K.L.:
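I have a structure here, written as structure tokens, and I will follow up with some questions on it.
Below, chains carry the letters A, B, ... as their sequence lines are ordered, and counting in each starts from 1. Note that ligands are numbered from 1 as they come in the structure, with each ligand's atoms numbered from 1 the same way. Any value given below was found using the heavy atoms of this structure, including those in side chains, with hydrogens, waters and symmetry copies removed.
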Amino acid sequence: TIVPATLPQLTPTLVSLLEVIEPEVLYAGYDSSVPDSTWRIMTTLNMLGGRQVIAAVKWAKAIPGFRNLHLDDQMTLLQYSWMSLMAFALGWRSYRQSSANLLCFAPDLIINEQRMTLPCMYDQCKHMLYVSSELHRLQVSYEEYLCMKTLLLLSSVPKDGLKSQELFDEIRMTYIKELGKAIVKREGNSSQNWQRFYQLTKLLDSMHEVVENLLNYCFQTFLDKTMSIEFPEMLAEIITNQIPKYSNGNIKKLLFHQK
Amino acid sequence: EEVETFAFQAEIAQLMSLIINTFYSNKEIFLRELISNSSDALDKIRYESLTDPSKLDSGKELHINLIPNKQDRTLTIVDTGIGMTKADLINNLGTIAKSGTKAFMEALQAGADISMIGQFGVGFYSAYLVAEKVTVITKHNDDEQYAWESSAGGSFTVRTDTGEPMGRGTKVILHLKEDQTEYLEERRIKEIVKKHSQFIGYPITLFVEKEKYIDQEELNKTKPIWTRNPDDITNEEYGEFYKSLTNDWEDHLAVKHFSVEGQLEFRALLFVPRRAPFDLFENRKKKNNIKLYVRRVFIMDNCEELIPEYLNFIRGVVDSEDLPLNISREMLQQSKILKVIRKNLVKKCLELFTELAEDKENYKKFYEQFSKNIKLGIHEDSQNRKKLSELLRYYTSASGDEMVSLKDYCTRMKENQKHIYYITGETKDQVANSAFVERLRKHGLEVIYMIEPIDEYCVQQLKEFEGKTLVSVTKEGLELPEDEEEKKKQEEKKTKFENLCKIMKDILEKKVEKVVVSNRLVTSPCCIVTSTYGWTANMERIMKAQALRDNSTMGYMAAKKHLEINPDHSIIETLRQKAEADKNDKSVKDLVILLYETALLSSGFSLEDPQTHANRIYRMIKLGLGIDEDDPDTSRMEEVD
Amino acid sequence: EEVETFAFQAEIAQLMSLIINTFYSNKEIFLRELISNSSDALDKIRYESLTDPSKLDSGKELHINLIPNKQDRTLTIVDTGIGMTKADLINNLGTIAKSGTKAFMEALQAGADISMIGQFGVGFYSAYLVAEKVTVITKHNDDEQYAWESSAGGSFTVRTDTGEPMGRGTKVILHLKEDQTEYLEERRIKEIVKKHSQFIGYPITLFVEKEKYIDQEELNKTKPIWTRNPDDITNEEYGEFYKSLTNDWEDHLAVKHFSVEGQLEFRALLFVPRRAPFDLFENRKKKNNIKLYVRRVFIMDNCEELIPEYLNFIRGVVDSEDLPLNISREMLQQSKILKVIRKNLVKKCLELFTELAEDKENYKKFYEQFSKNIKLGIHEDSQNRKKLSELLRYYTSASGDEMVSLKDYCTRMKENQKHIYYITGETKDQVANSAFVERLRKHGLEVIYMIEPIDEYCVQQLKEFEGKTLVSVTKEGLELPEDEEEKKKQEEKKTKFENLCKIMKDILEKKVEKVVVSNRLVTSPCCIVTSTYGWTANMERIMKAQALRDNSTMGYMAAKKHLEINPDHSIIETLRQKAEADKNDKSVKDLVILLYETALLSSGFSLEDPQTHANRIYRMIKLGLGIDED
Amino acid sequence: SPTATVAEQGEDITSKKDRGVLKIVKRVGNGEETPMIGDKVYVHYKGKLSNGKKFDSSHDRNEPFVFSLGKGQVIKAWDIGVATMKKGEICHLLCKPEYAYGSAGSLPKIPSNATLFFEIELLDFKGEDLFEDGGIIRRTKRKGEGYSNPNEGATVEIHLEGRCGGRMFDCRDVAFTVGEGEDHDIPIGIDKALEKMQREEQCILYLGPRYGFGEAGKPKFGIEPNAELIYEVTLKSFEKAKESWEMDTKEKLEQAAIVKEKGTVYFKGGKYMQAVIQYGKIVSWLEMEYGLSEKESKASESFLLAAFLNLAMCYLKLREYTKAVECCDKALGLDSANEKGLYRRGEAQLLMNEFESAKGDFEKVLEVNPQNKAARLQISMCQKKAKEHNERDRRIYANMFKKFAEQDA
Ligand SMILES: Nc1ncnc2c1ncn2[C@@H]1O[C@H](COP(=O)(O)OP(=O)(O)OP(=O)(O)O)[C@@H](O)[C@H]1O
Ligand SMILES: Nc1ncnc2c1ncn2[C@@H]1O[C@H](COP(=O)(O)OP(=O)(O)OP(=O)(O)O)[C@@H](O)[C@H]1O
Ligand SMILES: C[C@@H]1C[C@H]2[C@@H]3CCC4=CC(=O)C=C[C@]4(C)[C@@]3(F)[C@@H](O)C[C@]2(C)[C@@]1(O)C(=O)CO
Ligand SMILES: [Mg+2]
Ligand SMILES: [Mg+2]
């Protein structure tokens, strides 16, 4: 008798919604008559960091699905991945601003190879430029990039989990689906879309090391008192609260892809 | 070194088995092939007789007879074609891959017009799909009659034919398998024949015994017409053909007859019906009703690759004489060919619709039945969207009661009207009287009324017409080409009622994203609009109603509600003053809620729980009618710590 | 009559042309065929070595090597199988439709377990689909090395092989066509092998150059575990198999390992995913998901005929033996076979779900992702409604947030129920609080809350459950097990209220079929109820929301409406008195309209004005707010 | 292309002679001729690249670009720009690459030196912002350090002119702590204004009706504009407040006890704003994880519950049952039987004309304490008020259907 109608598909908008949500880049820099001393560089970066980190909070709140998570979990995810998100943002801006494996932070702030003078960068160049080099190597587009950035927001959980877990898991699949689409529609490939997806996922999975190593350095810079560095209260509070979570193994890494 | 050289050989026994058992899946095609061989036989004699008329002295009627015989389980096929000499009989039926037909054509001069069906040398043996044994009797003008006979046993024999003379031609007798008698039935025959022959150049007569006498029915009375120059075909002829093919008592609405030359040769006829099929988008069978023929022989149907689904209402035929086929002749070998075919068929359909559109009366008849298909095409086809949009017709606030073109819209637009405005909804009455268009109408701006649920898809994708973008009048940020004085007056109004925006927002914190002072309204105290992104009213209800959908997406895609206030309504002005006097006035709270619930209904949103709206009303009725019968230690509070 | 007898012959030149040009739809298969013949060669030697191990003295590793050579534009395939003697190179490669493999099988003992890929005698030749020249080098244990060569021109040659020794086996070298070099690429090769031959029992290694050195990459690492007795497979093994099979990362939710041994013989693995599937990557839209293999070789992957669409979320494999296949080996002959397979696949899918459901938590996980498909299976596939319906779960008034089975409703039925009551609507809450169920709640009757659009389609087929009739509570004529005394009172009420029934019908003439006194409401003065035969408001809103429409659809499915009056309500008593006092009191006219209009909204119907409703309210507000007329 | 021609033309606006800004301004209109400094200035503009290329950006939508800081913030070209901008001026200021997209630039989209000038129609630029909550007008002369600001808990040294609204008050350099907003009659909104000020920042601060002592009518100031307390304030020095994540576990409990006493005093003194402030510190400390034993955690709960309840009363007097409700809810979440919270929330509800919720809360007060007649009285009052409202409706609505029928002539 009755034949159910078929369903045409509506324009997916999650990617364009994210394009709209993404904030503009903030200014940072310092009076150029001052040499780029270890502590000056760190101070400039710390103030920028705290400002970009707060922008990341409203940015997260604005994200579909994410915004429906219990607020405690929303804030938990921001802390746990704050480094992942910041590093990713930096790596992409770098390689797009210049093919050089430099660090592009702000309209007035570039750290070129000759400027990687912080002990932290010397030891971590292999991790911070891991990300810019790989995104460059794969010639990552903005849109598939944003899809991945969202997944980084969702890349770590407490070892004890989230309260709205049965939403979290949905949100991840939702953006995983969007990343797939972001790849398929631009590459034009079949089996290579499968592989590009995994190649990109592998960044986000290897980035767990990128973060722990960078994280330990930011802990050391804030914890010790050997450099004349000003830090924003925001980052200082986060680190004060984050160090024991890190050291106690209370933060769980997620594995995005195998096969 | 010494290198041995060898020829390739073949094992006949296995080759015979494979042809019979693995090359074909549809037993019925055996008839198709026996007929094809026969039509070549007739065509070859016809050709010879062109320069030597004595060839037909032995008989002039070129026809094919089909004679089933119930009693003996046999089927006889008879023609009057060239026939075979003893030598040819042996060489062509005794050699598995020999094709006399192929050789024949190779033996002809360039310029011959004749196009044969066969070329592979194996079709004959398909007889054994259903036959236990076959017998072939033949007469050639230059020889005696001989009788060929065999089972597919690795050998065959030749006898002098000692029976009746047949004048000329070949008579094929199948002795059918005991369990294959279904092919002996008149109905089944006729169905197979209709399906696979249809446009054979020689008439077929089926001989059926009835109470007895023989009923001689001509099959394929209808001739192909696409083969003719189109200029030469009258409209009636196209119609007659059409009706015959489709068993459509109605005539065609429009037809496009064309050909393509070079690389791939084509001829095709595309017809537009005068009625949409009732099951056009519901039938679960394949949608493309385009049949593909090669050298006038049916090959394929129901193939998605030929046509995009949105055009699945065009009826028609494609015929070519040069495409490679697989061994069974049931499909094309190279699928890239279909890609080319599709590109061209679509291009021409669009030309037809464009031409049809010139006749205003006929276009209306068409559109009424098929506007859904056009709209679907906008949604699915990203390349022809730019042309398909020209075919759309809508009612507007200034069209009276007929639908008009998007072009018509834009040729009436005003110097400062940079945007095209539209509204969507359940029915013309609702949109026409909606609060959302009150200012627009007042200023003389035209609004397109979109009604069908599918209209919601086109509005996503169309974006703009000739550089003029589309604007939904149910969204925030509606811009009108207002005067500077008008803006200043609004600026002043906007610094008033700020307290209301805040108070009402508090009352409604959990209901709306914002409360603002607006200007789209001129009559009505308030309305609900949707923010720039996300589903709008209608879009949201439609999605909720889809039979099959992922409900989790509704936690992402949903409207963001903003409440707009008309500052020049008396309800609003009274509340402004009253609310300022007392922020907790109970009556203010109660009235704000009713305005809100009312606005949702008038704004096209469903209401969350009607057994509240109703209750608010019922108590008001009771008051209105006077129906009041059922409705007539302490210091610890001060302690400081 | 003297009758001449002749044998059949064939023309080799044309036969060769057909072999190359009109049997195949694609070119992937040139490799598929070379590999298949190679694996048989290996299997033959493996078999011989069972009784005579010296056969392997020339080499024990049974494996296949693929060695593309971009520089020479060639491809070499190497095995260590039996190999061929000079005599066989001539008889088997020089004879069209000869099958050495078949003869071998014929020569075997009855108890042999050699599940050989069988054959026709034609397939080697497919090499010429992509090659300009083919060279075959072979070493048989009982002979010297020979080199066979042909361009398929109607001859071939035989040379003594004077090059490097092989020990044993066959090496096939293709010299490729100038314009078909994609077969020299790693990606193309890997796709082909995985697609058609991943379950061949002998390891396949691909040898390629990179910074240089040769990288030896094994491809067929997954075993066809379905060949194993089901009892010996652990859950981890199924999971790993599954993940490799589907390129998933999640494990399976449930699996059924099944076999058939009747006229047809096959085995299958059917997996239920832990998450509803989706198109992560582009594929044929709504491709089905059961693949068919014959003798471990992939044959077909989108056969609609195998299983109903409602079960397309099942992923799986069917591996049969001895089905008649098409000469191209791309299709099955005698499609009646597919019908049989489908029958069995569905039967077992149902057993799986029945069993799955015993685990309440997992059933929930299941049902959350897959309930839509179950419901489609009710609508369709009518012979299975009697079992599928038991898998449905619904919220009911007594369940709180639990969903229950229809059998639960049944066990809780009162002795006076003959009917199962249900209500349909848009949300939980709107249904649960509806006026339509007020007396059912009063008397303690259970009501089922149906919510999804699908439920309306489905409910039409489910007429009866375990002998009980399913009824709706939004239609006129609802039966409740009421006593005689109330019934008498109801008639008395009709008598005094009939005057209104008539007056109200005169008012509001075109909106309803009739106005009647009702016994179903408690607090609402009224409601809008659907006809006994016809469609509910929910059906109308669904149909009126669909993309696929006609005029006849609603010309036929539009609902009739009837208005029901609560006699016992204070507004209603007031109207009776007022209306009788003056039938033309215009204020009655307005009250009648508001009750109707309000009832319309509360009963689930769209209000078409809609502006008028709003305007009546705005007027009332102006009064309430102290705003005068002027 | 005129927009390319001007690349090397114009009057000299400099910081750097070989870079700087080219004044290629077509005209000055309608507005004060004085160059001006100010926040939230919205302007509209259109324009092109110095190489003559049409620019693919927001100016084609006439973007209402906002100048966020008094001396500029986000467009070096327009901030260098603000320094010479007039109201009504239609600017065409072409700024060399040092003022374009910065050392990184906006590349990948825009190279660092791809500069522009636009035809910019300017809005009045005089005056910096006020405040997120309103109540203050702030104007600046000198930026402070930029890396350091006072936070409550820190004593600050503030220079005060002595002036206030054209009048004088006891306005003196003060080593100010937050309690002084009420204790030393220092305009109360200074308590938060100081947290945004940077060390050595010079700012003119207007403390409005509720930010100042306008509403209070303090005779101590005796300033006709008690509601417009405007004068220069310079933050010269300060100490560092120890933050709640810097303070130890016992340190926070000790301060909660100290602050609690201060809060109690402020409450009793009518200084509810300061009481709230002190209790605010108490609660934010106590809400944090301390790592205390179960009995030790009760010192925290005691301080916390008391603060919620004191805050509820402060808010009952300061605000119309807003934060007071929240405070009671928090007090009750912590102690569901604390009759003080049950009662106070019930009053907040009654006092908002929420009769049903008020009655429910008073009924709860009496389950906890059946003899607390305050709740018994409140229930009776809730009932009486509900009756009054019901009667008013009858007076208006009774027989409206007839009234309507008759109006409909
Ligand atoms: N009725 C007939 N009259 C005259 N010649 C015939 C007749 N039937 C068959 N032949 C001869 O036998 C030859 C073989 O025909 P067969 O159908 O086997 O080949 P074919 O038509 O090339 O096959 P295919 O249809 O697959 O291309 C023909 O080329 C023709 O010369
Ligand atoms: N690599 C090899 N080693 C040893 N013998 C082989 C090899 N390849 C082919 N042969 C022999 O040559 C014969 C020719 O069969 P061919 O392989 O052409 O059939 P097929 O490809 O199996 O046919 P089908 O396509 O129907 O499966 C085989 O029966 C086998 O005896
Ligand atoms: C090793 C760490 C890792 C660094 C950071 C990595 C991620 C990042 C990306 C940006 O786009 C801007 C700033 C930040 C957020 C960062 F660059 C700086 O803040 C300084 C930082 C913390 C660090 O360099 C320090 O040691 C300073 O304490
Ligand atoms: Mg033939
Ligand atoms: Mg073989």
K.L.:
Which molecule here shares more close contacts with ligand 3 than any other chain, as UniProt names it?
P.N.:
Glucocorticoid receptor
K.L.:
Which compound out of lamivudine triphosphate, dexamethasone, manogepix appears at ligand 3?
P.N.:
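Of those, it's dexamethasone.
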K.L.:
Looking at dexamethasone, which other chains have a heavy atom under 4.0 Å from it, would you say?
P.N.:
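Counting heavy atoms only, the chains are A.
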K.L.:
Please indicate which organism the PDB names for chain A.
P.N.:
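The PDB gives the source of chain A as Homo sapiens.
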K.L.:
What UniProt domain of chain A accounts for the bulk of residues touching dexamethasone?
P.N.:
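Mostly the UniProt domain NR LBD.
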K.L.:
Identify the binding-site residues of dexamethasone using a heavy-atom cut-off of 4.0 Å.
P.N.:
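Going by non-hydrogen atoms, it's A:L45, A:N46, A:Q52, A:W82, A:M83, A:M86, A:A87, A:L90, A:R93, A:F105, A:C120, A:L214, A:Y217, A:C218, A:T221, A:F222.
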